[PDB]
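Notes follow the structure.
Throughout, numbering of the chain's residues begins at 1 and tracks the sequence. Order of appearance sets the numbers: ligands from 1, and atoms from 1 within every ligand.
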Amino acid sequence: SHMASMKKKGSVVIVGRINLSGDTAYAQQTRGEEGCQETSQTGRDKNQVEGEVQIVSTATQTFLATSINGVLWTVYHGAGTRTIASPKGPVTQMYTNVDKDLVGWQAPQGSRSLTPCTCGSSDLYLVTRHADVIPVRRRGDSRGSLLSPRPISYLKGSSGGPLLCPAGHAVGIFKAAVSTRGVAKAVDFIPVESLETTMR
Ligand SMILES: C=C[C@@H]1C[C@]1(NC(=O)[C@@H]1C[C@@H](Oc2ncc(OC)c3ccc(Cl)cc23)CN1C(=O)[C@@H](NC(=O)OC(C)(C)C)C(C)(C)C)C(=O)NS(=O)(=O)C1CC1
Ligand SMILES: [Zn+2]
């Protein structure tokens, strides 16, 4: 083929956040589609970053990313091997594991990090891209049941979002829905211990 006209994939772009700083959880958009597209190609993102849970986008997908221990984590099936846009240009992943469906970049300046859970608690809460907080009972190392099942439509675009313990520690990163006839009864996640193993 003709290398001179081979395209490059864009960067992952932060387009908003799930605000969890107050009494009420709600989604905020910080960048529109025109801006997202331009920032994805340049990889230069001068927007102020805040909070632990970012809403991110490529040209073709939108999902979430969560800061834990100074690393912005998300799913490989969303991000691939892409760089993330940042103030001084594209930033290369510092973690990539296709087997775990996991990628990570250094956490953006301005972001806040969740602390990894050491509670050993099995009463969890999944935070969606729509800022719904979904009670989840932990059922194994990497699976939890929804207390109230939801159609998979409800969860689509929330991979890379956090499962939190009652104290607000990060317990895992949302990976896949366990679905029966389109209804999500459970969720698979990357447990925080796996992140911490990946970090070492
Ligand atoms: C509905 C919301 C769920 C959380 C969600 N994730 C998904 O859709 C994922 C992607 C795909 O699975 C996997 N791909 C690649 C992997 O590695 C590279 C995986 C390594 C390990 C495992 Cl576990 C799965 C992997 C299929 N899938 C399912 O969840 C599927 N379920 C699934 O596969 O369930 C079982 C695993 C139990 C079979 C299905 C779509 C059918 C519900 C999402 O929101 N995505 S997204 O929209 O944001 C998209 C990033 C833009
Ligand atoms: Zn905890």
- Chief macromolecule bound to ligand 1 (the PDB entry): Genome polyprotein
- Query: Which of asunaprevir, merestinib, zosurabalpin, emodepside matches the drug at ligand 1?
  - Reply: asunaprevir
- Query: Which residues and nucleotides contact asunaprevir at a heavy-atom distance below 4.0 Å?
  - Reply: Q61, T62, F63, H77, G78, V98, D101, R143, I152, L155, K156, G157, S158, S159, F174, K175, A176, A177, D188
- Message: Only heavy atoms of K175, strictly under 4.0 Å: list the atoms of asunaprevir that pass.
- Response: 4 (C), 5 (C), 6 (N), 7 (C), 9 (C), 21 (C), 23 (Cl)
- Message: Below 3.5 Å, N or O to N or O, backbone or side chain included: is there any such pair between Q61 and asunaprevir?
- Response: no
- Query: Less than 3.5 Å between some nitrogen or oxygen of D188 and one of asunaprevir, yes or no?
  - Reply: no
- Which atoms of asunaprevir sit under 4.0 Å from any heavy atom of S158? 44 (O), 48 (O)
- For asunaprevir, find out whether one of its N or O atoms is nearer than 3.5 Å to an N or O atom of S159. yes
- Message: Out of all atoms in asunaprevir, which are within 4.0 Å of some heavy atom of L155? Include the element for each.
- Response: 1 (C), 2 (C), 44 (O)
- Item | Those atoms of asunaprevir less than 4.0 Å from some heavy atom in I152 | 1 (C)
- Within a distance under 4.0 Å of any heavy atom of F174, pick out the atoms of asunaprevir and give their elements. 3 (C), 4 (C)
- Query: Given the protein's heavy atoms, is any one of them under 4.0 Å from atom 7 (C) of asunaprevir?
  - Reply: yes
- Message: Suppose I only count heavy atoms of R143 and a 4.0 Å limit; which atoms of asunaprevir are within that range?
- Response: 37 (C)
- Hey, which atoms in asunaprevir end up nearer than 4.0 Å to a heavy atom of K156? 1 (C), 2 (C), 44 (O), 47 (O)
- Protein heavy-atom contact under 4.0 Å for atom 51 (C) of asunaprevir? yes
- Query: Any N or O on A176 sitting closer than 3.5 Å to an N or O of asunaprevir?
  - Reply: no
- Item | Source of chain A according to the entry | Hepatitis C virus subtype 1a
- atom 34 (O) of asunaprevir protein-contacted (non-hydrogen atom, under 4.0 angstrom): yes
